[PDB]
S.K.: 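Here's one more: a structure with ergotamine in it.
By convention here, the first residue in the shown sequence is residue 1. Atoms within a ligand are numbered from 1 in the order they appear, just like the ligands themselves. Basis for what follows: all heavy atoms, side chains included, without hydrogens, waters or symmetry-related copies.
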Amino acid sequence: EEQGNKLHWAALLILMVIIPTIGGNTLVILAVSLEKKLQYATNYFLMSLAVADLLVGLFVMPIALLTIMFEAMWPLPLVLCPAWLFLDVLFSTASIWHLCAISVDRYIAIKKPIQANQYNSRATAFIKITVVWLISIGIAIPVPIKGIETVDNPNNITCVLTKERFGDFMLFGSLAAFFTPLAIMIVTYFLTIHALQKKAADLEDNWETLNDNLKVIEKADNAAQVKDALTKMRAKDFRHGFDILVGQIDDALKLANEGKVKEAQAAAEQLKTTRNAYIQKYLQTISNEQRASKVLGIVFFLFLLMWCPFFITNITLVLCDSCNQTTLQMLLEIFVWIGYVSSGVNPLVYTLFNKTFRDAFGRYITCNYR
Ligand SMILES: CN1C[C@H](C(=O)N[C@]2(C)O[C@@]3(O)[C@@H]4CCCN4C(=O)[C@H](Cc4ccccc4)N3C2=O)C=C2c3cccc4[nH]cc(c34)C[C@H]21
Ligand SMILES: CC(C)CCC[C@@H](C)[C@H]1CC[C@H]2[C@@H]3CC=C4C[C@@H](O)CC[C@]4(C)[C@H]3CC[C@]12C
Ligand SMILES: CCCCCCCC/C=C\CCCCCCCC(=O)OC[C@H](O)CO
Ligand SMILES: CCCCCCCC/C=C\CCCCCCCC(=O)O
């Protein structure tokens with residue numbers, strides 16, 4: 001009885017994990033770098049996430065792949081062991097916290113439509129990116145500092161974190177790298193649902209007010225009613241609609257003061273084609289916001305879902321004393337790769353819902369770059 005040979009698994013992983021990861025993230029980086037249209041603040045998150053996922057595919061996965069074909073033994077120099085473990089925890093944690101930063105960033109966009117200057121957005125973006133990387137470095141730093149337990153005649157050292165030396169880090173590190181942002185994203189999810197629901201209402205409320213007052217105006221016999229039902233209505237591109245409407249209200253009110261109801265009611269008629277222009281525009285944005293938020297929700301949920309097996313089994317392998325550790329480890333060795341896949345192809349799947357990105361990709365796969 002023997003372990004056997006796992007060459008076919010290695011081949012499989014090279015085919016359906018590493019290549020997808022590298023190719024996908026490369027495409028995203030190329031897209032953002034080449035396309036002028038795509039060079040705005042919020043896409044710099046994506047580029048930062050892409051690099052993180054790209055580096056996992058270049059430096060982390062192939063070593064993880066080596067360790068699979070040479071047992072617990074560590075063929076590389078010992079010094080590269082804590083380094084590989086550092087980069088692994090670093091990049092993996094970064095990809096998760098990146099999605100949390102995007103989630104919250106997108107919520108604030110919906111809630112606070114104003115204050116969206118690109119000039120500020122770029123700086124603010126960079127700051128956020130840097131914070132995410134700082135949080136990642138923070139979470140990953142215990143590994144190299146603690147070091148690995150160290151030889152007789154040869155070196156029989158296995159490159160792995162032990163439950164005796166890193167049980168806490170595994171527990172609190174898991175809490176820090178996965179469950180915290182998960183909670184944050186859940187809260188953000190519900191805040192976003194509430195935000196949109198709230199947004200939809202106020203619009204219908206103002207529609208109602210306008211319609212009601214216009215109804216009052218169009219049936220008015222005297223001037224007092226017209227003048228009365230006009231002040232109630234009086235309550236860069238954003239302020240333009242305000243100036244226009246308020247201007248028209250004042251124009252009609254100026255006629256109402258004159259006592260020319262026939263003129264005012266006619267001026268009020270023009271307000272219909274005016275409200276229909278801004279209500280139909282404002283009511284259109286929330287639709288896109290809703291569709292977008294739904295897509296991001298599903299996609300991000302799938303990402304989070306594919307990481308559960310690892311961190312849950314991780315904490316269980318630490319806490320559960322009665323559980324069979326052999327099977328738990330055997331499971332972990334798979335769940336690690338399921339996680340690698342998750343983070344590996346995430347940015348691509350996400351950006352594939354954008355026509356610009358998607359077209360760019362289509363042009364890049366045929367090797368045009370023009
Ligand atoms: C994907 N990556 C995997 C990586 C890892 O397990 N690397 C080793 C080398 O591989 C193991 O899984 C092997 C395979 C099967 C048996 N193994 C183990 O038992 C122990 C896990 C363990 C240690 C102590 C106690 C319980 C379990 N392994 C290891 O140390 C650690 C990560 C991590 C740990 C803590 C916080 C984190 N945030 C992000 C991450 C991360 C990224 C995340
Ligand atoms: C695993 C080892 C043996 C080989 C792995 C090589 C990988 C990195 C190769 C295989 C297929 C290659 C991709 C094939 C096609 C494209 C589209 C092109 O417009 C830019 C690069 C890109 C995205 C390549 C990036 C590198 C790539 C993903
Ligand atoms: C084993 C020791 C660990 C390291 C082993 C590495 C093995 C990687 C194998 C193939 C490299 C292929 C290189 C492909 C790099 C693509 C980067 C790319 O071109 O994207 C940059 C961007 O497009 C520009 O703006
Ligand atoms: C994009 C499609 C995703 C590709 C699927 C890749 C998922 C990886 C699956 C399992 C890898 C197994 C590696 C561990 C070796 C032992 C395998 C075993 O005993 O079953």
S.K.: Do you know where to find ergotamine in this model, all copies counted?
M.R.: ligand 1
S.K.: Look up in UniProt the name of the chain with the most contacts to ergotamine.
M.R.: 5-hydroxytryptamine receptor 2B
S.K.: Which residue, and which atom on it, receives the covalent bond from ergotamine?
M.R.: none
S.K.: Which UniProt-listed ergotamine-binding residues of chain A does ergotamine come within less than 4.0 Å of, going by heavy atoms?
M.R.: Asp88, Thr93, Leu161
S.K.: Where does ergotamine sit relative to the transmembrane segments of chain A: which ones, by UniProt's count from the N terminus, have a heavy atom under 4.0 Å from it?
M.R.: 3, 5, 6, 7
S.K.: Enumerate the residues contacting ergotamine with a heavy-atom distance under 4.0 Å.
M.R.: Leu85, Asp88, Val89, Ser92, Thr93, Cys159, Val160, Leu161, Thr162, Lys163, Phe169, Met170, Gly173, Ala177, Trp307, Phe310, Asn314, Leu317, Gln329, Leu332, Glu333, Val336, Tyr340
